[PDB]
A.B. asks: 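I'm reviewing an experimental structure with acetazolamide and have questions.
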Amino acid sequence: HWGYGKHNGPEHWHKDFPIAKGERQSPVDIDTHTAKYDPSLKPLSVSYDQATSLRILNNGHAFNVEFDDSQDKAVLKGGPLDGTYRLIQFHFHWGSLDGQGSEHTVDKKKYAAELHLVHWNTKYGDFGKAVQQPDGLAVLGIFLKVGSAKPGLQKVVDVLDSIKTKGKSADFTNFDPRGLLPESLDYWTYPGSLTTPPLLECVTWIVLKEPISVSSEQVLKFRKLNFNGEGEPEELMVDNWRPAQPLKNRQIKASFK
Ligand SMILES: CC(=O)Nc1nnc(S(N)(=O)=O)s1
Ligand SMILES: [Zn+2]
């Protein structure tokens, strides 16, 4: 089964998921000089005040913080989107070293990690249906650089010991994802895909210009998680990122000059 190792990592995925070599794969390098300002792009609308977090799960490739998506509670609208997209989960990708870990890159620069807030288009009724549509998901991507701590990340860091291995979960109620956002909501946008199998081409990517800063200790704690299950040999959960994919016939648009 797929993973991030030399024998089952991104270079192998196409054998089980041929769309890996498709026309709108993610992530990509964001060449800032080639991304054009689009004055018609609207501001992003992030409505997270009524978010209801439920649980945190180590799924063997990252950890997901899951939300109640059975009602409009935490939603993304505006920006390049038409329609309302419900937050279902967030997760991160990160490196073994501070100089790598992000999936998107900016002028070929890699950040230490990347946060993905995954939302699905309510016109499709459920997430499983949404991922089968070209406008089914909107993923808000946020870069993490190592510097000062992010206070709103600490409750996530604190619980990781309790979900060390694959298949472990813990209660994670009353978490406010607003504490993970940078000041600015300026963004780049382009059409792409899930960055993990099944690699479905269903995502409008919205990647924020401004990274958040996290401390070296915060990301160190990410790196103590395990890809393996309890009782299996220890494999540290690091370098769970897919590299940049060919841009092909796509343009990246900027909401800002
Ligand atoms: C349920 C769910 O969220 N599945 C995802 N698969 N890949 C994603 S990503 N890295 O593009 O945000 S999300
Ligand atoms: Zn992701």
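Quick note: numbers on chain A are straight from the PDB entry, i.e. 4-125, 127-261, in order. Computed from heavy atoms alone, side chains included, the values below leave out hydrogens, waters and symmetry copies. Per deposition record, X-ray crystallography, 1.5 Å. When a ligand or atom number is given, it counts from 1 through the structure's own listing order.
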A.B. asks: Where in this structure can acetazolamide be found, counting every copy?
C.D. replies: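 Counting every copy, ligand 1.
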A.B. asks: Which macromolecule does acetazolamide make the most contacts with, named the way the PDB entry names it?
C.D. replies: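 Main partner, per contacts: Carbonic anhydrase 2.
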A.B. asks: Considering distance alone, does some N or O of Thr199 sit under 3.5 Å from an N or O of acetazolamide?
C.D. replies: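 Min N/O separation from acetazolamide is below 3.5 Å for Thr199.
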A.B. asks: Closest UniProt active-site residue of chain A to acetazolamide, and its minimal non-hydrogen distance to 1 Å?
C.D. replies: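 Heavy-atom nearest UniProt active-site residue: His64, 6 Å.
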A.B. asks: Measured between heavy atoms, which UniProt-annotated substrate-binding residues of chain A are under 4.0 Å from acetazolamide?
C.D. replies: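 Sure - UniProt-listed, with a heavy atom under 4.0 Å: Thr199, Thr200.
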A.B. asks: Report yes or no: does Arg246 have a heavy atom closer than 4.0 Å to acetazolamide?
C.D. replies: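 False for this residue.
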A.B. asks: List the residues that UniProt gives as binding Zn(2+) in chain A and that have a heavy atom under 4.0 Å from acetazolamide.
C.D. replies: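 The UniProt-listed residues with a non-hydrogen atom that close: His94, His96, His119.
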A.B. asks: Applying a heavy-atom cut-off of 4.0 Å, say which part of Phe95 lies close to acetazolamide: side chain, backbone, both or neither.
C.D. replies: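 It is neither; nothing of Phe95 touches acetazolamide.
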A.B. asks: Could you check whether any other ligands or ions come closer than 4.0 Å to acetazolamide?
C.D. replies: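 Neighbours of acetazolamide: ligand 2 (zinc ion).
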A.B. asks: Tell me which UniProt domain of chain A holds most of the residues near acetazolamide.
C.D. replies: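 The majority fall within the UniProt domain Alpha-carbonic anhydrase.
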A.B. asks: Which one of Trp245, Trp209, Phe131, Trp123 has a non-hydrogen atom at the shortest distance from atom 1 (C) of acetazolamide?
C.D. replies: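 Of the listed residues, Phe131 has the closest heavy atom.
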A.B. asks: Give the residue list for acetazolamide, heavy-atom cut-off 4.0 Å.
C.D. replies: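 By heavy-atom distance, that gives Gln92, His94, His96, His119, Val121, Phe131, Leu198, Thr199, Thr200, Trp209.
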